[PDB]
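In the model that follows, one finds pemafibrate.
Letters go in sequence order (proteins before strands), and every chain restarts at 1. So how was this one determined? The header says X-ray crystallography, 2.4 Å. Ligands are counted one by one from 1 in listed order, and the atoms in each one are counted from 1 as well.
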Amino acid sequence: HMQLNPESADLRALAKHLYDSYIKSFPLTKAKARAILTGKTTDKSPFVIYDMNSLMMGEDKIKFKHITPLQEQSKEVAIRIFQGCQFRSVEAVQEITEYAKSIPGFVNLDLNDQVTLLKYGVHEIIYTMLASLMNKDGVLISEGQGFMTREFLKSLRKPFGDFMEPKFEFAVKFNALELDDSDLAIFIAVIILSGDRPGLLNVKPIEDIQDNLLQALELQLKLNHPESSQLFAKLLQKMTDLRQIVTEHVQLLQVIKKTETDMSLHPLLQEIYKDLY
Amino acid sequence: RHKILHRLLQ
Ligand SMILES: CC[C@@H](Oc1cccc(CN(CCCOc2ccc(OC)cc2)c2nc3ccccc3o2)c1)C(=O)O
């Protein structure tokens, strides 16, 4: 039997602290994204990019953060899109880095271990967060300003047509778990503090933090999902699938590296991918 | 190293 005791009371306090900083660290939460995806709100009405003609009109009507009418952009839509993803990822690395610092105990870790946890955690977290902005038809982009269809992304020339499909495939399965931001906040915090990343030097303080987080997550799941036992175990197993898509995505990234002109990867992304998996 | 990542942590 579960019981309300000082231990669980602190577990709830931790869960609320993560949620609060999770909301401050990340702009478009799953709660806001779901409302947009169903029109069940305002602001909203994102421009839908579903064919090449609507892509052109979308680039004109959407205010992409990486815009600037002065910069030179590729002539291929597939590369312009790839660049947008690069920009968003770089932003996500900073949002995730900020969120990590808000995790009780993280800043007091070996700074070089903090780097290793961020290095391996960002992309697993990116694909977790990316699912919040996905349904089976497409994906929210530009902080909800736009919506780009799944089939349009598949229609991009090789090898870019295969870039996002694995992510949609993962998101469908992952979103069936029906997690909310409160569950997500702890889950990604558990990911960042995987004490089994290669290269860690001071592993004990990491596993001690992750165990505290795994307790808070399990309590969160039981309290928040009465109609689904085993949610905790299913969720842990989804990290495994995340490490695989990150691996599958590194391989895809090498095809595009030795096939496209220069295809400059942002230096931050290069640090992350250098000597990864 | 991961100079950028290091910078961000600081
Ligand atoms: C490129 C190298 C990069 O690969 C990837 C792989 C998967 C996803 C991304 C980025 N991504 C998709 C947004 C695209 O947004 C546009 C922008 C402009 C545009 O032009 C029309 C088209 C689409 C994203 N969504 C997020 C939601 C929440 C948190 C983080 C998020 O990250 C990059 C890597 O390896 O890091």
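The largest share of close contacts with pemafibrate comes from the chain named in the PDB entry as Isoform 1 of Peroxisome proliferator-activated receptor gamma.
Other chains within a heavy-atom distance below 4.0 Å of pemafibrate are, by letter, A. With a cut-off of 4.0 Å on heavy-atom distance, the UniProt-listed rosiglitazone-binding residues of chain A close to pemafibrate are: A/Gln86, A/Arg88, A/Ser89, A/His123, A/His249, A/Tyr273.
Against a heavy-atom cut-off of under 4.0 Å, A/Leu133 is close to the following atoms of pemafibrate: 27 (C). For atom 15 (O) of pemafibrate, the nearest protein heavy atom (residue, atom name, distance) is A/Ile141 CG2, 3.7 Å.
Neither the backbone nor the side chain of A/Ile62 has any atom closer than 4.0 Å to an atom of pemafibrate (non-hydrogen atoms only).
The closest protein non-hydrogen atom to atom 8 (C) of pemafibrate is A/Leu130 CD2, 3.8 Å. The PDB header gives the source organism of chain A as Homo sapiens.
A/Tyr273 counts as a contact of pemafibrate, since one of its heavy atoms falls under 4.0 Å from the ligand. Every atom of pemafibrate is numbered from 1 in the order shown, and the set under 4.0 Å from a heavy atom of A/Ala92 is 30 (C). Most of the residues of chain A within contact distance of pemafibrate belong to the UniProt domain NR LBD. Within the 4.0 Å heavy-atom criterion, both parts of A/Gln86, backbone and side chain, lie near pemafibrate.
Proximity of A/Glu95 to pemafibrate, defined as any heavy-atom pair under 4.0 Å, is not found for any part of the residue. Near A/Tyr127, meaning under 4.0 Å from any of its heavy atoms, are these atoms of pemafibrate: 6 (C), 7 (C). Binding site of pemafibrate at 4.0 Å (heavy atoms): A/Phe64, A/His66, A/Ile81, A/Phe82, A/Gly84, A/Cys85, A/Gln86, A/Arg88, A/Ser89, A/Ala92, A/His123, A/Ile126, A/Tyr127, A/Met129, A/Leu130, A/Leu133, A/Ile141, A/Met148, A/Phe163, A/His249, A/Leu253, A/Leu269, A/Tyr273.
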Does pemafibrate have any N/O pairs with the protein under 3.5 Å, and how far apart?
{"from": "pemafibrate", "atom 1": "4 (O)", "to": "A/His249", "atom 2": "NE2", "distance (Å)": "3.3"}
{"from": "pemafibrate", "atom 1": "35 (O)", "to": "A/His123", "atom 2": "NE2", "distance (Å)": "3.3"}
{"from": "pemafibrate", "atom 1": "35 (O)", "to": "A/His249", "atom 2": "NE2", "distance (Å)": "3.1"}
{"from": "pemafibrate", "atom 1": "35 (O)", "to": "A/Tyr273", "atom 2": "OH", "distance (Å)": "2.0"}
{"from": "pemafibrate", "atom 1": "36 (O)", "to": "A/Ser89", "atom 2": "OG", "distance (Å)": "3.3"}
{"from": "pemafibrate", "atom 1": "36 (O)", "to": "A/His123", "atom 2": "NE2", "distance (Å)": "2.7"}
{"from": "pemafibrate", "atom 1": "36 (O)", "to": "A/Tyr273", "atom 2": "OH", "distance (Å)": "3.4"}

